[PDB]
Amino acid sequence: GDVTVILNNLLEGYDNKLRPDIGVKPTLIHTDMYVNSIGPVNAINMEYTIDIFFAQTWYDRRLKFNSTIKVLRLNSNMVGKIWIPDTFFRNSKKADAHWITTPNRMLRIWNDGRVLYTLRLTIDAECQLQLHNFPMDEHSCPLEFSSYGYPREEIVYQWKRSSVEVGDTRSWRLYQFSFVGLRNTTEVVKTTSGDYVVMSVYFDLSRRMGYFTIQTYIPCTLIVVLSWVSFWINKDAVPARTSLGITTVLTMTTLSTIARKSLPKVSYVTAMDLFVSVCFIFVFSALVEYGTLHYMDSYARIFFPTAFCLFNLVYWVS
Amino acid sequence: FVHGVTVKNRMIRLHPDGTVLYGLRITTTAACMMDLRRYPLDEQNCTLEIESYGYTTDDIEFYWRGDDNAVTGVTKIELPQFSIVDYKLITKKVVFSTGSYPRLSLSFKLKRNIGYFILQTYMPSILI
Amino acid sequence: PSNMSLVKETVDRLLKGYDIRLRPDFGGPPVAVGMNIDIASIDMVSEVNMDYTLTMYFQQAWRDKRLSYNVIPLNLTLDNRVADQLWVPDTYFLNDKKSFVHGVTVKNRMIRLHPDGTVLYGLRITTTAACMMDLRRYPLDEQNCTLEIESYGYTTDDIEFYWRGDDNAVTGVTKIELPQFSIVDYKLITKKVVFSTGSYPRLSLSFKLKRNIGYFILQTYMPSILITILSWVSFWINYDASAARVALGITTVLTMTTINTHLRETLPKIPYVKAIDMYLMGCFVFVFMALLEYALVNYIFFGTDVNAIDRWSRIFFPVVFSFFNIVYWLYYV
Amino acid sequence: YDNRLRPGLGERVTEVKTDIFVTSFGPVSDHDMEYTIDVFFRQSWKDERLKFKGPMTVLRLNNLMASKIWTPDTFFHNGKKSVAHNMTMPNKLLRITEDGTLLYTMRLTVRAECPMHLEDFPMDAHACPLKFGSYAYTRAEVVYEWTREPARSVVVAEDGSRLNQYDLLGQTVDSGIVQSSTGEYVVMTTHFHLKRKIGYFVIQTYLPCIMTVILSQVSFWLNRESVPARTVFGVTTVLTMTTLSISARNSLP
Amino acid sequence: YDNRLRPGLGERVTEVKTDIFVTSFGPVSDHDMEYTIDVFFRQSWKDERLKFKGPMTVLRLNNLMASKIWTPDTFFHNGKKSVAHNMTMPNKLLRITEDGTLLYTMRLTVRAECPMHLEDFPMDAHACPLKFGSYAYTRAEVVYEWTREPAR
Amino acid sequence: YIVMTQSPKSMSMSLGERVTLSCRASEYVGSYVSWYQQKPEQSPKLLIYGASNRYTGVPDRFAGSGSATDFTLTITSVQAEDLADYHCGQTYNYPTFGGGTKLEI
Amino acid sequence: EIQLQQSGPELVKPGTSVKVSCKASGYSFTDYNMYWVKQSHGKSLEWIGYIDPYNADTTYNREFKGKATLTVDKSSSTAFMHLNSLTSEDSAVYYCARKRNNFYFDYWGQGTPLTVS
Ligand SMILES: *[C@@H]1O[C@H](CO)[C@@H](O[C@@H]2O[C@H](CO)[C@@H](O[C@@H]3O[C@H](CO[C@H]4O[C@H](CO)[C@@H](O)[C@H](O[C@H]5O[C@H](CO)[C@@H](O)[C@H](O)[C@@H]5O)[C@@H]4O)[C@@H](O)[C@H](O[C@H]4O[C@H](CO)[C@@H](O)[C@H](O)[C@@H]4O[C@H]4O[C@H](CO)[C@@H](O)[C@H](O)[C@@H]4O)[C@@H]3O)[C@H](O)[C@H]2NC(C)=O)[C@H](O)[C@H]1NC(C)=O
Ligand SMILES: *[C@@H]1O[C@H](CO)[C@@H](O[C@@H]2O[C@H](CO)[C@@H](O[C@@H]3O[C@H](CO[C@H]4O[C@H](CO)[C@@H](O)[C@H](O)[C@@H]4O)[C@@H](O)[C@H](O[C@H]4O[C@H](CO)[C@@H](O)[C@H](O)[C@@H]4O)[C@@H]3O)[C@H](O)[C@H]2NC(C)=O)[C@H](O)[C@H]1NC(C)=O
Ligand SMILES: *[C@@H]1O[C@H](CO)[C@@H](O[C@@H]2O[C@H](CO)[C@@H](O[C@@H]3O[C@H](CO[C@H]4O[C@H](CO)[C@@H](O)[C@H](O)[C@@H]4O)[C@@H](O)[C@H](O[C@H]4O[C@H](CO)[C@@H](O)[C@H](O)[C@@H]4O)[C@@H]3O)[C@H](O)[C@H]2NC(C)=O)[C@H](O)[C@H]1NC(C)=O
Ligand SMILES: *[C@@H]1O[C@H](CO)[C@@H](O[C@@H]2O[C@H](CO)[C@@H](O[C@@H]3O[C@H](CO[C@H]4O[C@H](CO)[C@@H](O)[C@H](O)[C@@H]4O)[C@@H](O)[C@H](O[C@H]4O[C@H](CO)[C@@H](O)[C@H](O)[C@@H]4O)[C@@H]3O)[C@H](O)[C@H]2NC(C)=O)[C@H](O)[C@H]1NC(C)=O
Ligand SMILES: *[C@@H]1O[C@H](CO)[C@@H](O[C@@H]2O[C@H](CO)[C@@H](O[C@@H]3O[C@H](CO[C@H]4O[C@H](CO)[C@@H](O)[C@H](O)[C@@H]4O)[C@@H](O)[C@H](O[C@H]4O[C@H](CO)[C@@H](O)[C@H](O)[C@@H]4O)[C@@H]3O)[C@H](O)[C@H]2NC(C)=O)[C@H](O)[C@H]1NC(C)=O
Ligand SMILES: CCCCCCCC/C=C/CCCCCCCC(=O)O[C@@H](COC(=O)CCCCCCCCCCCCCCC)COP(=O)([O-])OCC[N+](C)(C)C
Ligand SMILES: CCCCCCCC/C=C/CCCCCCCC(=O)O[C@@H](COC(=O)CCCCCCCCCCCCCCC)COP(=O)([O-])OCC[N+](C)(C)C
Ligand SMILES: *[C@@H]1O[C@H](CO)[C@@H](O[C@@H]2O[C@H](CO)[C@@H](O[C@@H]3O[C@H](CO)[C@@H](O)[C@H](O)[C@@H]3O)[C@H](O)[C@H]2NC(C)=O)[C@H](O)[C@H]1NC(C)=O
Ligand SMILES: CC(=O)[C@H]1CC[C@H]2[C@@H]3CC[C@H]4C[C@H](O)CC[C@]4(C)[C@H]3CC[C@]12C
Ligand SMILES: Cc1ccc(-c2nc3ccc(C)cn3c2CC(=O)N(C)C)cc1
Ligand SMILES: *[C@@H]1O[C@H](CO)[C@@H](O)[C@H](O)[C@H]1NC(C)=O
Ligand SMILES: CCCCCCCCCCCC
Ligand SMILES: CCCCCCCCCCCC
Ligand SMILES: CCCCCCCCCCCC
Ligand SMILES: CCCCCCCCCCCC
Ligand SMILES: CCCCCCCCCCCC
Ligand SMILES: CCCCCCCCCCCC
Ligand SMILES: CCCCCCCC
Ligand SMILES: CCCCCCCC
Ligand SMILES: CCCCCCCC
Ligand SMILES: CCCCCCCC
């Protein structure tokens, strides 16, 4: 055919190991992304999964051809035959391309020398979540990538006009957060091997607390009301009062343990930890109130709900 | 493993003199036996034992290029559970029945963050 | 070293001009591929994934005129890498979920060329075969788990399967020692499964595992029986002791339902009711009826005869529970 | 033969008559909002280059010839970590008919993404999709089709259901186009309609909840003078309710 | 060189002298009745085809030459799923002595099956086996042996 | 099989006005619902394929629409050539056709 | 272009079989299935069956199962429908359609009127 001869001519005398314009000028690469879906944000492991269609285009004077054919649209077969930039993701704990049924890669070659190379990736990017206030935490999770071995003088990156072709967010597995937006940056990081141009995409995610309300906040408020109801029970009922108080505080301890299990292992008190601590204070105070009463009730009947509501207002407004 | 997206995370750079700069982005689950007798007040020491497998000291020789600048990025490591107090670079020669081989040891003296266990473990026991 | 050169020449002739893309007797009668298994172990028989991990020495023997030699009298056992240069049947396990040939030290493969042309090709395969289990009588259930060896690309017009050695093809099943199962029986079946692409040969190796009940007495049945007997203690406490009897009742009921939920959470989310579920719900009926018996006693008193109700319960609850056990165990065992 | 060019390049549009035989509809993971399905994914297409005439009309071969010739780069749009089975050999078949038609079947375990709206859980039904199409070739180069009638082109094996808490009511197929900055791509969609079986949750959460509320209402028959008994009756039931709610949320993402 | 043919094929049994150096006896997974072990699985054998004369009496090479020559198809009978570590490079050493002797060691993580009779648990002791041998070659083709005293 | 129902048995409209012909499918048919035009003593002629895709050589005034079971064929401006019997047929299952709407003046 | 020529109109007594042809010239005959549609005067189009010419694989409607037999001549590139045990209701106009793909029938036959009396 007329296309097979073009490919044979292009690959004839083609050094796959050499980048375009090596020793001449840095190779400008324009990268674009289609964020198919931001997968689950694993706050416990400080990582999140993202599925993308990563596209990168560059000019290669070796891959230029003049003929009636305008483009050479090719599958993954030709990806390994020509020079592809060694773009790796700096904050990817583990990433893998898609191979079923065939490798999910595309490669198009224009007459001038444009080489649009796209592939589908599933990156388990590392987002350094700072959950000092949880579950109201808002995170700007990045996704960096750069050439692994080619310094700034040999491979330069740049963002095409279309910033990021983010897909429809309805089908995303992002249950915890809501995708607020995207923002791109391009900075020259210095390291031991040289200076490398790094392009980073920050996805801004804002947490939703509805599941945490029905999961943690509501049970703790209900058990605090269970602590409250002890006051209306007659003071003479020593076993009843003591039983209600102990059941309340012990199940509060259990609820605190499971709520902390939801969180990762981090050494700082969070907002949920503050709320459960205040609930501890309330239930323990009710038990001690009956302890001192046996060894006043109406004052507690007012102070406990009012203190809890005022603390709720102060805590929630923050 | 070595990461392989979008391509195998590997670098080769030939310098004019002959030096071959060779880099790999590596994730290692390294074994670290922990003496948890003082846990959670424990200062664990975990090591990475770099060694040549088939080449003895008569054939290969290791060294940290830069006496202590050969290992960087340790300070920026914000480990959620531990605090990296110190780290050392050691060069030795371990002897097996097959021969003597060069060894590099990268040791981190991690320290446990007591606050998380104070809030999680110690405080419930104290209140109980 | 002369015989080494002779064998090198023979194997070089065998591999010279060998079309791996074409099966033996291509454009001819189907090649008879005999099979024989050596069950190394059966492990991880888990109902949560509805699968079982089977490690086996899977041997296939098939004639191949292209691999026939007559100069050398001995049988040539070649390095396993030669399997990559030889045609082998494209067999697969239709219910396999995750399989692998063992890696160390080398690829666990065996290739043995016989002078007549027979090829003995062996693999050490660890396969997580899918076994859809009927847990209706669990844990007193027999599970019929199968391995379905089939030729993927070659129809019955191009390949045939048979258990080489008939019932003696599969060995080592008796030596298997499952932790909670007893392999009471195993069977070998030869079928011809028809798909839209054609009719393919099939070998079904089916094990009828029988679940050991001893562990479930220790962890499942005996604790619930003891909790029911404990709930019976409330009948021996006078009706005035409201706190004691109520605490005994609610503690027993809550522990019973907690036991049921904790056990069922480990198992998959099957809709139907199991035998262990049947027993647990039956004993929950007994303990909840003990609590409601105290409730009736309290209502009848506050809202001689009440001692009559308490005494009749004191003897009828163990008797009715024993008859429930009789019916249940007779039906299920 | 050039493996890098599709059949009829520059003169035709490569029509691939795909087909699915669901060997087993694997378990549905509501936590991951995905589902597993093992299929005999068959594709068929005309390739004039692979035209022959010999003693036999159809050449049944193995995967080695499949790798040597052009095959469509079909991928699943909502696929997530699928595996092409390889034991014992690559589970693929290639069949070159003398006219040039190729029948290329592969055994796959595709873990497709099924976005579920769990608003009516557990009395909920989900239409789990499975969309597939060419990755590199636009609608002007590779077009997909159902080999049989669309209703009869996705067949599910009778004794293949591996579902525990779901019921495969049926499947419905369709064909459409995906717009992209890269181009227009033909997509074959098939929705498997699953209905969750409420049986497990009746005896796991609904029955415990009903018995707990009846247990709490038992306290209305105890005498009012017995304060500890009814107090423990209430507090133990509320604590049981909290535990039930927490243990019921973990069954879902 | 035909790496598909074992040394002395049709003339002699291939004497393989093997020894094990346990770098670390891994944790015992009594739940799965299995244990992990990390070993320098050394095995040496004579090979007349690999005789040479030169300035060095020992050719100390890498795994690439190990792939090029015949090596025994040793496998662990009770191994479940082992790992042949290959980072940074295949952790194997291959040394050819001038007389034709080969020393071929390799770092392995064998996860082997250890059937436990837990009647006296937790006050119980076990003898976890580590069996290995040729997968394809019978006793008349290759025979294994300990390079030193069996105790040592 | 799938039964196709044509709601307008016979529609009478003047020249140059919007007209919509409906089509109902008993079961799911997806986008496999074609429309055909058949003049008297003549074979059917395909106009709309898929659900809204316009067949080649068809005037732009024809427009199809429909997702699942409700399908409509709309003529923006009826011309003298647009007076014939219009059929809707489904190819999701074995082929079936509707009664056939006839356009009059 | 594509042209489907059918046999001319004919009249036959009840109980006598009849065959109707369908000749295609524009395209390669074996690539696409050939369908047969019956249309009685004033009634809806009714599908009889279709034949896959390459392997001659046939599928029939339940109503016409046994009433009609579909055959093919690849060398002549013709599709034949054979009707047997004809009755009064069998009088209708028959078309042969070419199914381009799952969506539409591309080219229809000119039409073979059938009458019985
Ligand atoms: C230590 O040992 C391990 C194994 O124990 C080695 O890891 C293996 O390395 C080999 C060689 O590099 C890999 O083979 C390659 O696999 C490519 C696709 O792999 C996918 O499928 C396999 C299953 O077969 C999965 O295991 C993979 O997933 C794992 O690997 C990826 C990284 O690749 C990780 O990110 C994952 O997390 C997993 O860990 C993948 O899902 C396959 O395409 C490739 O074959 C192409 O390239 C060769 C090069 O010679 C060509 O000959 C061949 O024809 C193919 O080329 C075609 O396709 C490319 C696709 O772009 C086109 O560009 C070409 O033009 C042409 O069309 C190769 O077979 C193997 O996957 C990997 N993992 C295993 C075996 O589990 C380590 O490398 C080794 N060393 C070190 C230092 O660790
Ligand atoms: C975590 O735990 C590891 C244990 O593995 C600690 O590593 C040890 O660290 C100590 C101190 O840094 C090392 O001790 C060293 O001993 C050397 C002598 O032995 C080696 O000698 C030559 C090199 O000269 C080698 O070829 C040979 O094979 C021996 O291995 C000294 O040379 C070292 O330097 C200094 O030693 C003394 C004082 O210690 C000075 O007077 C000398 O002048 C010299 O400058 C050093 O002392 C030890 O080898 C390490 N490995 C072990 C014990 O296995 C880590 O330190 C620990 N983590 C942290 C953070 O401390
Ligand atoms: C290369 O490999 C070949 C093939 O294995 C070897 O030749 C076979 O060696 C086996 C030894 O196990 C022979 O098997 C024995 O055959 C006896 C006669 O059986 C005849 O009828 C059967 C009917 O099916 C034929 O298959 C068979 O070929 C014979 O024609 C049997 O009486 C034996 O039965 C029992 O023997 C012992 C106990 O005595 C048991 O341990 C056995 O398990 C079995 O129950 C036995 O079956 C066989 O006859 C040989 N020829 C073949 C198979 O054609 C070569 O020896 C080998 N060369 C080497 C290693 O150098
Ligand atoms: C699914 O399962 C199938 C099983 O069929 C696997 O397919 C086999 O995979 C192996 C490993 O990749 C292939 O082995 C390869 O063989 C090539 C050809 O070997 C011959 O030719 C060379 C010279 O060209 C001779 O040296 C050799 O002795 C043979 O005569 C080799 O060229 C390959 O070499 C590669 O690996 C070696 C490993 O040591 C490297 O050193 C090389 O540099 C090179 O990278 C390799 O050995 C085998 O051919 C495949 N087919 C078959 C039929 O076995 C699939 O890999 C597996 N997975 C998938 C996804 O399909
Ligand atoms: C685990 O569960 C699987 C279920 O899939 C069981 O596999 C099936 O087992 C049954 C019984 O073994 C198979 O059914 C039939 O077995 C017959 C055995 O021969 C008996 O019957 C014949 C005829 O009645 C008698 O003449 C003879 O003396 C024996 O008494 C086969 O002969 C049958 O084949 C015949 O019938 C079929 C169907 O009509 C025909 O197609 C055949 O050509 C032939 O004429 C038949 O095979 C059944 O085939 C097995 N597979 C299935 C159902 O898929 C396992 O047995 C079970 N294992 C354990 C350990 O529990
Ligand atoms: C059909 C066969 C079925 C088979 C099942 C057999 C079921 C049968 C079992 C029925 C239960 C036995 C009690 C029946 C009598 C109760 C009534 C009573 O109070 O009687 C007397 C006391 O009661 C006793 O004498 C106590 C003897 C039983 C105590 C056993 C405890 C051992 C626990 C071991 C558990 C360890 C668990 C080990 C784990 C497995 C006196 O009553 P009274 O107050 O004086 O009133 C009468 C006077 N009046 C007449 C004037 C009113
Ligand atoms: C710890 C508790 C122990 C207690 C022991 C006591 C013993 C209790 C015994 C329990 C019976 C055990 C049943 C197991 C079988 C599973 C359920 C089932 O199959 O339902 C099926 C019917 O669908 C429904 O039933 C839903 C309707 C609601 C049922 C709940 C009503 C609550 C009554 C409120 C009243 C409150 C009281 C009012 C105030 C006084 C659904 O099953 P499926 O899977 O989806 O499949 C389809 C159906 N199929 C199976 C036929 C094909
Ligand atoms: C993603 O990255 C791209 C490239 O870095 C960002 O687009 C760039 O945005 C700047 C500022 O808006 C543009 O500069 C301005 O251009 C306008 C129009 O020509 C001109 O009037 C101004 O004076 C100024 O020069 C820049 O042109 C544009 N890049 C391109 C290629 O057009 C984009 O904003 C980033 N997306 C984010 C941050 O969400
Ligand atoms: C008179 C009497 O014996 C009393 C003793 C205990 C009482 C039951 C407790 C649980 C109640 C739950 C709901 O309120 C419905 C009624 C309900 C079943 C009650 C019926 C009447 C009983 C049996
Ligand atoms: C920057 C960029 C933009 C688009 C692509 C892309 N190329 C294809 C080819 C095929 C299919 C199905 C999807 N492709 C997508 C992703 C897309 O556009 N979707 C999901 C709507 C790649 C890179
Ligand atoms: C391609 O050919 C055209 C016409 O022959 C010519 O004008 C153009 O310069 C050529 N381009 C090359 C050789 O790169
Ligand atoms: C699990 C928490 C137990 C109670 C901890 C109380 C200590 C104070 C925590 C809040 C400090 C702001
Ligand atoms: C007692 C009421 C608790 C909830 C109060 C919520 C107040 C609204 C805060 C919204 C953010 C400013
Ligand atoms: C469908 C099976 C429902 C079984 C319900 C539990 C039966 C318990 C019987 C207790 C007898 C005292
Ligand atoms: C729900 C009330 C349960 C009462 C059980 C009583 C059992 C013994 C009855 C004897 C009557 C005299
Ligand atoms: C289980 C049903 C018991 C019915 C008892 C009726 C009691 C009526 C009130 C007068 C005596 C308490
Ligand atoms: C006192 C009797 C209580 C019930 C005894 C259990 C019977 C088990 C039968 C087992 C089947 C053989
Ligand atoms: C030390 C625990 C609280 C004790 C309070 C008792 C009443 C004064
Ligand atoms: C005597 C105190 C009455 C309490 C009023 C309600 C407070 C929530
Ligand atoms: C930063 C350390 C915080 C420790 C937890 C608060 C004290 C219980
Ligand atoms: C790391 C500082 C821990 C603070 C402990 C506070 C005890 C209430």
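Lettering of chains follows the sequences in order, A, B, ..., and the numbering in each one begins at 1. Note that ligands are numbered from 1 as they come in the structure, with each ligand's atoms numbered from 1 the same way. Side-chain atoms are counted along with the backbone in the values below, which use heavy atoms only and exclude waters and symmetry mates. As a textbook-style caveat: the illustration shows part of the entry, and contacts are counted within that part alone. Determined by electron microscopy, 2.7 Å, according to the entry header.
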Check: What does the PDB entry call the chain with the greatest number of heavy-atom pairs under 4.5 Å to ligand 9?
Finding: Gamma-aminobutyric acid receptor subunit alpha-1
Note to self: Just checking - which of Bestatin, vortioxetine, brexanolone, ribavirin monophosphate is the one at ligand 9?
What the structure shows: brexanolone
Notebook entry, point to check: Out of fluvoxamine, ampicillin, zolpidem, which is the molecule at ligand 10?
Noted result: zolpidem
Notebook entry, point to check: Which other chains are in heavy-atom contact with brexanolone (ligand 9) at under 4.0 Å?
Noted result: C, D
Notebook entry, point to check: Who's the nearest protein heavy-atom neighbour of atom 4 (C) of brexanolone (ligand 9), and how far?
Noted result: D/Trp221 CE3, 3.8 Å
Checklist line | Ligand-side contact atoms (brexanolone (ligand 9)) for residue partner C/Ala295, heavy atom cut-off under 4.0 Å | finding: 5 (C), 6 (C)
Note to self: Could you tell me what the entry names chain C?
What the structure shows: Gamma-aminobutyric acid receptor subunit beta-2
Margin query: When you measure from atom 16 (C) of brexanolone (ligand 9) to the protein, is at least one non-hydrogen atom found at a distance under 4.0 Å?
Written below: no
Check: Tell me, which protein residue and heavy-atom name are nearest atom 12 (C) of brexanolone (ligand 9), and how many Å apart are they?
Finding: D/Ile214 CG2, 3.6 Å
Next item on the list: Write out the residue and atom name of the closest protein heavy atom to atom 14 (O) of brexanolone (ligand 9), then the distance separating them to 0.1 Å.
Entry: D/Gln217 OE1, 3.5 Å
Item checked: Proximal atoms of brexanolone (ligand 9) relative to C/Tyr299 (non-hydrogen, under 4.0 Å) -> 1 (C)
Check: Right, does atom 9 (C) of brexanolone (ligand 9) have protein non-hydrogen atoms nearer than 4.0 Å?
Finding: yes
Next item on the list: Using protein heavy atoms only, decide if any is under 4.0 Å from atom 21 (C) of brexanolone (ligand 9).
Entry: yes
Note to self: Closer than 4.0 Å to some heavy atom of D/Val218 - which atoms of brexanolone (ligand 9) meet that?
What the structure shows: 9 (C), 10 (C)
Next item on the list: Identify, by atom number and element, the atoms of brexanolone (ligand 9) in contact range of C/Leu292, meaning under 4.0 Å from any of its heavy atoms.
Entry: 9 (C)
Checklist line | Top protein contact for atom 3 (O) of brexanolone (ligand 9), by heavy-atom distance | finding: C/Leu296 CD1, 3.3 Å
Checklist line | brexanolone (ligand 9) binding site, heavy-atom cut-off 4.0 Å | finding: C/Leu292, C/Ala295, C/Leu296, C/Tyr299, D/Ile214, D/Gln217, D/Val218, D/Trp221
